[PDB]
Amino acid sequence: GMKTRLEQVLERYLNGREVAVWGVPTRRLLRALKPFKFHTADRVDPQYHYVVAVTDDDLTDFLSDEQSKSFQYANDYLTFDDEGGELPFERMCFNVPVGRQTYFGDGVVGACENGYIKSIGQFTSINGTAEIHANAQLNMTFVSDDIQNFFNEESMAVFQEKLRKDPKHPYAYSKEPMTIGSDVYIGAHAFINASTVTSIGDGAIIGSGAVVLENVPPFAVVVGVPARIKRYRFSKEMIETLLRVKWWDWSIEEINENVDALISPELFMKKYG
Amino acid sequence: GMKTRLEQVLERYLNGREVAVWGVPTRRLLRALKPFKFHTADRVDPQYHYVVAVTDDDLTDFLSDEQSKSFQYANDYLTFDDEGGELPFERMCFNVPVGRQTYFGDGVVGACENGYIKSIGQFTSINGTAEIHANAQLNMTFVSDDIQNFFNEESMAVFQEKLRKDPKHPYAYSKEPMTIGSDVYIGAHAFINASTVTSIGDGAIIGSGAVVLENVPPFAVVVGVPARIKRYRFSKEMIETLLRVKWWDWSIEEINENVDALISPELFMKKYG
Amino acid sequence: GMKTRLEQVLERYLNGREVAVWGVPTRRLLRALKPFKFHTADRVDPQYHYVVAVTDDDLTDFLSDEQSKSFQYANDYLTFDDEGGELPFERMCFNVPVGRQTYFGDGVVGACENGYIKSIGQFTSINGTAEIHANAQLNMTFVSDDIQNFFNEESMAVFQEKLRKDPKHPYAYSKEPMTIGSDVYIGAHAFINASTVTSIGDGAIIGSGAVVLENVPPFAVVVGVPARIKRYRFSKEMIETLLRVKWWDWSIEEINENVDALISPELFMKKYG
Ligand SMILES: NC[C@H]1O[C@H](O[C@H]2[C@H](O)[C@@H](O[C@H]3O[C@H](CO)[C@@H](O)[C@H](N)[C@H]3O)[C@H](N)C[C@@H]2N)[C@H](N)C[C@@H]1O
Ligand SMILES: NC[C@H]1O[C@H](O[C@H]2[C@H](O)[C@@H](O[C@H]3O[C@H](CO)[C@@H](O)[C@H](N)[C@H]3O)[C@H](N)C[C@@H]2N)[C@H](N)C[C@@H]1O
Ligand SMILES: NC[C@H]1O[C@H](O[C@H]2[C@H](O)[C@@H](O[C@H]3O[C@H](CO)[C@@H](O)[C@H](N)[C@H]3O)[C@H](N)C[C@@H]2N)[C@H](N)C[C@@H]1O
């Protein structure tokens, strides 16, 4: 990927204001800010500046300052050290689609970096301590991966080809990057196997501490080690219609009107069933 | 909550010395220190200064410096970036009671912030990678929580009321904040469900990687996914008397005298049974 | 332990160049660099400088800079905040042997600090969120460990002796520090019990989220809570010969030649069986 979660915000919300850095500036912050005018935060004002808190640590201090009461969550301030943070619009994590009001931890950001993710839906909650890791080669005399560094150009060839041919897909090789649907909840200390999973269905619930080794159907609940299907969120009737209506792609338009539907499943289907 | 773990220490142990910052100062450190006199650490002396190490990283460097051999653990130095660290006196984590020589990771500090915790006992060890998270709404068409941000004032009402009425207590709503007793041990990669747990009994042991979904009785051992009662630490005789004596509330007074009792359970009951 | 992963590299690869710090300097970096000449990175050149990125965050920014394309992974740059990072040569983590192209997270670095580790083999991959923790005392009225701080010199004696006598080895007391063989893979959110484990066999695979309570035989696969032996990587024939040949101690010499053997187990034994 190429661009910063902050810069996507600044490109959309800065609106000719100065960036006000609230916190100790880092190397890659200073770079992400070089297209803009910035200075260390002193006295701030939503009319004059965009406050950028470097770390979540720095954000708590700003919010606890009386000057923060006029700044709206994303239109006026942001936390630099939070590439998995949620936004009110569709965004990129490296080059990975992430829908509105979707969030994930650094473990998922790295999976976005390693090309493990094809896409992440809308209104999806992935806890920070979740993880997405692929497998190493299991059909070889060795299991290590950093022995590669000792390989020369010749040995590298014969090694990379067997990885491409392996149908178990070590390092998610020769497969499709996995997809995460919308309205998905993922517990903590969880594991989705990038070497065997290609699709988390929309609405799929992944319990805490669950290790998910196969694709999860939409609106399924999975817990345990390994993950088993404990229940389904909704009767199948809802499931087919929910795939049809796709509430998660509604604009803020249809969300506030149909709040009574989105809140009572019973009310949702008496109108859309 | 309102106040800093460091400031509670400085209010009690500074004793008219200067704070000596050992490390790169952060935004919220600089604020926590504005009631006091401070300067970047150069040459230090327990008579002259209170050394404040910013991060646990910065603490290791100070202890490894020859100037640190005269500073006692809490009376003379402290690590700013350790709100879950243990103290020799009863303290607050935000507005949460935390007894003496009790510690926990940032996951528990956030639960203290989210109001999930009512209290934490004395001499309780909670590993850093432990976690306390509540559940989202399960009786709604959606499971997401940050869709809220898209709600207006009108849709917000009808949404918040159903949360208050939900007996499953999403986000620990309309329940009592959970309590953690004294002499409690909690393994790592563990989970206590703030949406269904209200009391960890005194002495309760929570094995590593265990997901705890219901209240744990005092002095019970729980492991597995989900957590089951593997054994009890003590015969019930000890349990009733341990609730009566409550050694964990002894001053340092009765601790050093009754060390032979506190060390041999057999000796503990021949004196208190 | 005594010395820095960076300093072991600088002592071997600096070769009369200047250290160029890429990132905000920390207290313990500034100390690790005091034997050398250094300055904040401006324009860099592998001939003139050794680039030191402070944090993994700072490393990503350097690699993404056009000046980084001439710097080789370890000979020319390094990440200070990565004591578990892999190296092309045998190294120390505190005073713990760590072989070539071996890596582990901070959880394992702390175990190296707590003296829990005797050694770590070659070409071994331990994920960052892995952990190695010992147990507290289970034969005492209390389970807490920081009550110790309240003990005086007298009560300390009678407490420390019972720890030394405990055959369950709380805090890995009176046992041998555990050993991790070569070609070992360890999943994330995993647990090796320093209070009951003394040897992870060479080639042993530890699945994600697995809690390992007993020694693991060489080339065994363990998953589940608690860990059970799911399968063996190789037929026993390979296992005995793999212990004999010990490919992991080959120089880069025998690695690139025998790549066809190291890649096809079938080819490995037709030559070494
Ligand atoms: N604070 C209580 C809430 O925590 C979570 O949501 C919260 C998310 O966890 C938050 O996510 C942020 O915090 C998490 C956790 O540290 C990070 O993984 C993530 N990258 C960062 O953006 C996000 N910024 C706010 C959202 N309300 C729970 N899913 C719901 C709970 O009520
Ligand atoms: N060092 C070995 C010990 O580690 C732990 O205790 C230790 C605690 O884990 C320590 O807690 C500190 O370290 C932990 C872990 O990083 C952090 O979660 C916590 N917030 C921080 O305050 C605390 N400062 C010291 C205490 N001896 C084990 N419970 C016992 C073990 O012998
Ligand atoms: N990037 C994808 C790869 O991630 C891992 O390897 C990678 C290791 O996890 C890396 O280790 C580094 O990153 C890990 C994870 O953050 C840290 O625990 C560790 N201390 C740090 O040195 C190491 N520097 C590079 C190595 N290729 C997987 N084992 C293999 C996967 O293909």
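So that the names make sense, note that chain A is the first sequence line, chain B the second, and so on, each numbered from 1. As a basis for the values below, the full set of heavy atoms in this structure was taken, side chains included, without hydrogen atoms, waters or symmetry mates. Whatever order the structure lists them in is the order used to number ligands and atoms, beginning at 1.
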query: For ligand 1, what drug is listed?
result: tobramycin
query: Name in the PDB entry of the chain with the most heavy-atom contacts to tobramycin (ligand 1)?
result: Aminocyclitol acetyltransferase ApmA
query: With a 4.0 Å cut-off on heavy-atom distances, which other chains neighbour tobramycin (ligand 1)?
result: A, B
- prompt: Does the deposited structure record a covalent bond between tobramycin (ligand 1) and a chain, and if so to which residue and atom?
  reply: none
- request: Check the entry and name the source organism of chain A.
  value: Staphylococcus aureus
Contacts of tobramycin (ligand 1) at 4.0 Å, non-hydrogen: A:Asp82, A:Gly85, A:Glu86, A:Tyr103, A:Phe104, A:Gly105, A:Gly128, A:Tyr185, B:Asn114, B:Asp145, B:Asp146, B:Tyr171
